[PDB]
Amino acid sequence: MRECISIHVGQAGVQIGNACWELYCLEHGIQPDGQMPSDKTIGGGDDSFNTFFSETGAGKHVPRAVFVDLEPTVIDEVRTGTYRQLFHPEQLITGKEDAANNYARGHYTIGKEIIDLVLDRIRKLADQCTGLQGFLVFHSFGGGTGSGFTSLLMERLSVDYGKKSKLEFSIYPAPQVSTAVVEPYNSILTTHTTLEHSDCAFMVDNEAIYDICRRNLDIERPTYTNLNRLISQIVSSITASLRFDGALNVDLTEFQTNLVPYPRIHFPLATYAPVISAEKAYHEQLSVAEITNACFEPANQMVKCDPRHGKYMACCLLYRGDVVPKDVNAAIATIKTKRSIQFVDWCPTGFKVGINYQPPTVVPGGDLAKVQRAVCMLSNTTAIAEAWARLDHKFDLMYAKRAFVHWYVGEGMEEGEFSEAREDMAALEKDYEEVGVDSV
Amino acid sequence: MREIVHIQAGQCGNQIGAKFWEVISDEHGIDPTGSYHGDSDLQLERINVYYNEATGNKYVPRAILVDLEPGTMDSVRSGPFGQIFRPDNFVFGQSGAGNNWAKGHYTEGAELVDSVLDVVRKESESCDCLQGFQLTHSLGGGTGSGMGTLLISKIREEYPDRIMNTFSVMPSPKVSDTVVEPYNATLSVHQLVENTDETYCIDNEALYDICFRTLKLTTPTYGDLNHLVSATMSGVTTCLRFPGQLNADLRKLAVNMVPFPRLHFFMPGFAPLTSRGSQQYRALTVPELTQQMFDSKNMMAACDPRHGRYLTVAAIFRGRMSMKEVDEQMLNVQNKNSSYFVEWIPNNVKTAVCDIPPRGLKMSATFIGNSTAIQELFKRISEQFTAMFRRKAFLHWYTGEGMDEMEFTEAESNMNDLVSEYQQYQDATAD
Amino acid sequence: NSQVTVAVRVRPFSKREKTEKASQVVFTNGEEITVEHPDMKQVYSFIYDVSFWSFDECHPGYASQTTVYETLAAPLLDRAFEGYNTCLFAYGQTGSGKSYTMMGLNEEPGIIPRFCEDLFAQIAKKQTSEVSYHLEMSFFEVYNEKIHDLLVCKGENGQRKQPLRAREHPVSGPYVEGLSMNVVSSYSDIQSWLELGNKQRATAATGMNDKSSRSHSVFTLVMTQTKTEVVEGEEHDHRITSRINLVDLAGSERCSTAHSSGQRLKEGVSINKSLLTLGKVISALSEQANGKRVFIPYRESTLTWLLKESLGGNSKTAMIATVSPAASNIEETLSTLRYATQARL
Ligand SMILES: CC(=O)O[C@H]1C(=O)[C@@]2(C)[C@H]([C@H](OC(=O)c3ccccc3)[C@]3(O)C[C@H](OC(=O)[C@H](O)[C@@H](NC(=O)c4ccccc4)c4ccccc4)C(C)=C1C3(C)C)[C@]1(OC(C)=O)CO[C@@H]1C[C@@H]2O
Ligand SMILES: Nc1nc2c(ncn2[C@@H]2O[C@H](COP(=O)(O)OP(=O)(O)OP(=O)(O)O)[C@@H](O)[C@H]2O)c(=O)[nH]1
Ligand SMILES: Nc1nc2c(ncn2[C@@H]2O[C@H](COP(=O)(O)OP(=O)(O)O)[C@@H](O)[C@H]2O)c(=O)[nH]1
Ligand SMILES: Nc1ncnc2c1ncn2[C@@H]1O[C@H](COP(=O)(O)OP(=O)(O)O)[C@@H](O)[C@H]1O
Ligand SMILES: [Mg+2]
């Protein structure tokens, strides 16, 4: 049976983690105590799924998760919250102090003293596994833990495990909104290391999900408890073919192969088009054509970067629910007729499809509606080459005055590391420009 | 478990702390017998910051009280919340500083700082993990300046990897309460600028104007003024004692608010401050609080932020909110008022939210701003200083207790070499 | 415009490197210095105002020990007699060619033996009964932002290297309280003093070579010139002083690749903070010698603070950056070149 280890870091990954397991425990019938009152129906079978939950001989289901935060505020809310009886007590609070939004604290200085506890806890987790295929790291571009500890842990897992998928879900830093002055630095320092190890980093942007929650869900005052659920639905759409039956099943190494041409351009965006409420659940028929057209609207992306300021390289439409492949064929035919959606000359196919017969679940306390079908579009795009340029421009000013650098030097970073990290980024915009040029 | 050692030296510090330990208790449900008579259960979780456990489920605060006289120490005991402080921590002496910085730093403070460090090492080594030290003192009274700065130096020599956040009342422009405020303030600046991480500049005239224009208070005693400083001191440590959607702490705020290690002097501020009658006429929302906190009238530093550029602002929100609203508002401020912000630092604002607000508010806020306008406060003292030093007026009381003119020249030079650093980011130019 | 001049030197392969056929990763276009990876994917180009190709002994433009002195340090020896201060810095990592360039070998001397022979020779050719020249010196170290003297023996104990204090005299400027200021007549004195100091310096064995400089070393020469334009009354009234500092800085040492805890880490932090401030200062100085108004943060490191009057003003600064041409040590070289580029910018 397949297995996938989930590794949550920082306030953002741990808080995003709270929504993913809240969703999966409902998709599988598990209560927060770990028990499972669905087995009385069948008395056997595999309604529990070893891709996420290991099972004891007592009738309890334990997730394959590790929550490392280097601070106790968020993992204590799980230890006291509604899900205290689900997680194995080894949730690494550790955390005498946090990383203070500093790569230099989460990487070496305070990242040490805790990582060997994480790798030991991860080593225990893959020895209980038969068919381990992949890691799922949920972190944040901009923090200190989510920037440095992820880098360290990936550098260590590439050594230990090696030929294993490693998919990142990161909160991309937004152009306008920001909650810190040291996000550009930490982002460009995380990429420097993660780019040589990771295999596909799915980016999300809170400024986009805010506008989505505004225009489509009709929430004028949204918070993070609502966006984390959308992200849970994304990961549920990726992690569906490993749990539920379907027609075109998509394993995790398929994302590693049908979306990354070259081993540096692996930062695709993400969508989930039926983001409608129960009010507008009616007045809409929710067919594949409407959805596939929505996924390529510039608005309904979970990241803020116009796909029309660049070209598409690869796309991946994970369908779930009642879908017949003629509908997807017609949908994809409709996009190729459209000129706004422009494709690289070196990818005439450009699309992937994956269909699954289990539709998405509705959480109580949720803003999304019940739908007989749903879709997740994960696209690679040259548009991000601007976003990268924006971050580089933000880095170029502050580092021209050595602002905030003594806070990094004070915890074990050299000046040349900042310059070495910038160089690696200049050499990633040139790659996108090199990919956009037409053949001759 | 992140832990703060609170030190408070001098009548200003002793009478701000005496209000701070009255507020944190109310926030944690502790009584003057050190018991626990609260209702919620998040209080006891992270109470280890300020308080220490005792035998009968009693909580003693980590106060270290070192006023150089005996009157202030006696007032705290013969007082509301005085029967919880550790008796072996009421450190004092007789015949205080004499409004002299030197007596509190060389003559009469050197005979008493060892006895204080005996308590610091005894309340720090009883910690699983320490975050930093929290001083509340005055600039312009000798003892607070002197015996505070020497203590800062000794702790930053013993504990150099820890925060030393200071809450300092600065002298006011129009009217003074000592004729040697300039000298003592400069000499304390020379020992704080080099040995601090986040200093919070407070001024009593701005507090009087707050009490007058906003709270519609015409007889405000110092208890009313310290009631606002307690509020800010509390809000800095809310995301270390209560959960939140977006957490911070002393070091995160320091990292975000100090580009270069000497610009750690901040205008503080707190919202929602309102008159008792005008509270049924306005809505409690984030736009109201943003319009209150970014106003020059709610400063507590006696400096107009429109006479300069905000280098780096912060915001420690408290309550159930929507982080979109905070992000939108702290973007609108930086888009509209671009001239009041700095161009080489794209996002000048930090945000932080907690889920547990104060005892009677549906949401609160707190504000820390690094601004070039603070140079005014310094530019004034150096103008006073250089006058009184050009004629050696009140110096035969500073030299008598073992000092040189060099210690005045050095400090005056450092002050102007901070004015310069604040004024290098204060010109209206374009890219 | 030449308020600051940064020069870089490429030391030739070591005999072991020659035996190992270590790839060459630094090349010349005469002036440019290009650094090509062993993979040859990305190539990095640096340009400075002075470059010293000392890799071969046949290349047109070979910079020996006499092309270094004649190009960087002798103009500072001649900006002294005009009464104006000078500074020389030396940056580089272990194996880069710092000591070969500054001090040198017995067969091949560096800057210090040549400076302290040419100066005493110019004094044997300019001193008359009218004009007279006097030289003093000191030799101190920075260790975790604490000054320490090196030309004094210890007090026969486990640990005692006394921390001294920096103070701002109102007219002259920063200075040290307790600094030995010994007189000197020829190089035979400077050699003994330096040999006594460099053995009391701080040098540890981390995961690198087992002798790593964990301290900055400053070495001063105060030249006072007295002149008698005779008029009946008091004579030898004129007095012009010139400080000639010859500083030898330490290496950056990133801590991830060189796993350190405790004291070694605290040394690395200081060594990097100081160099950050120094590069910021050297940037901001040329930024004001090129038509601007800025502030120089002298007051962030004890080195930039005490050399305040010898770095800026009418002073003249020179700096040598040493780099290796092998692929075994290539991030050290990239960081070294990047530091000097920031200086030049
Ligand atoms: C129904 C109602 O709205 O009453 C409010 C009230 O009128 C106002 C004006 C309160 C009132 O505060 C003042 O009147 C005041 C006067 C001088 C100086 C400072 C405050 C209030 O006393 C203050 C008090 O605020 C609190 O409850 C907090 O817990 C506050 N309390 C204390 O600081 C405190 C001090 C000693 C002992 C116990 C508590 C607090 C604020 C920040 C951090 C921690 C605690 C409350 C609800 C009010 C009254 C009672 C009128 C305000 O207080 C603050 C700082 O939040 C003043 O403006 C705010 C807005 C409130 O609406
Ligand atoms: N979508 C989402 N984003 C979040 C959440 N919490 C924080 N973030 C984002 O994370 C960014 C800050 O990173 P943090 O996670 O706070 O940093 P960290 O990983 O917690 O590391 P620390 O420095 O130790 O706190 C901000 O830009 C937030 O928008 C969340 O619950 N959901
Ligand atoms: N905000 C506030 N400021 C005070 C208070 N008491 C004194 N001050 C200020 O602090 C200074 C008093 O100095 P102080 O340390 O008490 O003198 P000392 O007793 O000789 O050490 C004056 O400049 C006052 O402006 C108070 O209760 N509240
Ligand atoms: N330009 C050069 N020509 C010849 N040898 C050199 C040159 N530069 C460095 N070396 C050699 O490098 C060796 C060791 O380097 P060293 O001078 O000790 O630098 P460091 O003191 O920083 O280790 C010396 O034995 C010296 O011969
Ligand atoms: Mg955190």
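Chain letters follow the order of the sequence lines: the first is A, the second B, and so on. Sequence positions for chain A are given in the PDB entry numbering; the residues included correspond to 1-440, in order. In chain B, numbers come from the PDB entry; the residues present are 1-431, in order. The residues of chain C that appear here are 391-735 by the PDB entry count, in order. Numbering of ligands and ligand atoms starts at 1, following listing order. Note: hydrogens, waters and symmetry copies are ignored here, and every other heavy atom, side chains too, is used.
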| Which of the following drugs is at ligand 1: daraxonrasib, remikiren, clarithromycin, Taxol? | Taxol
| query | In this deposited structure, which macromolecule lies in greatest contact with Taxol, as labelled in the PDB entry? | reply | Tubulin beta-2B chain
| task | Enumerate the other chains with heavy atoms less than 4.0 Å from Taxol. | result | B
| request: Can you figure out which of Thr232(B), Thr366(B), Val23(B) has its heavy atom closest to atom 45 (C) of Taxol? | output: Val23(B)
| Do any non-hydrogen protein atoms sit less than 4.0 Å from atom 43 (C) of Taxol? | yes
| query | atom 5 (C) of Taxol: protein heavy atom closer than 4.0 Å? | reply | no
| query | Is the shortest N/O to N/O distance between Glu27(B) and Taxol below 3.5 Å? | reply | no
| query | From atom 18 (C) of Taxol, is the closest protein heavy-atom distance below 4.0 Å? | reply | yes
| task | May I ask whether atom 34 (C) of Taxol is less than 4.0 Å from at least one protein heavy atom? | result | yes
| Hey, does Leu361(B) sit under 4.0 Å from Taxol if you only count heavy atoms? | yes
| Using a heavy-atom cut-off of under 4.0 Å, does the side chain or the backbone of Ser364(B) touch Taxol, or both, or neither? | neither
| message | What would you say the binding site of Taxol is, if we count heavy atoms under 4.0 Å? | response | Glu22(B), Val23(B), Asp26(B), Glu27(B), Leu215(B), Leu217(B), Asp224(B), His227(B), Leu228(B), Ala231(B), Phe270(B), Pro272(B), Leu273(B), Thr274(B), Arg276(B), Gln279(B), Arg359(B), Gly360(B), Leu361(B)
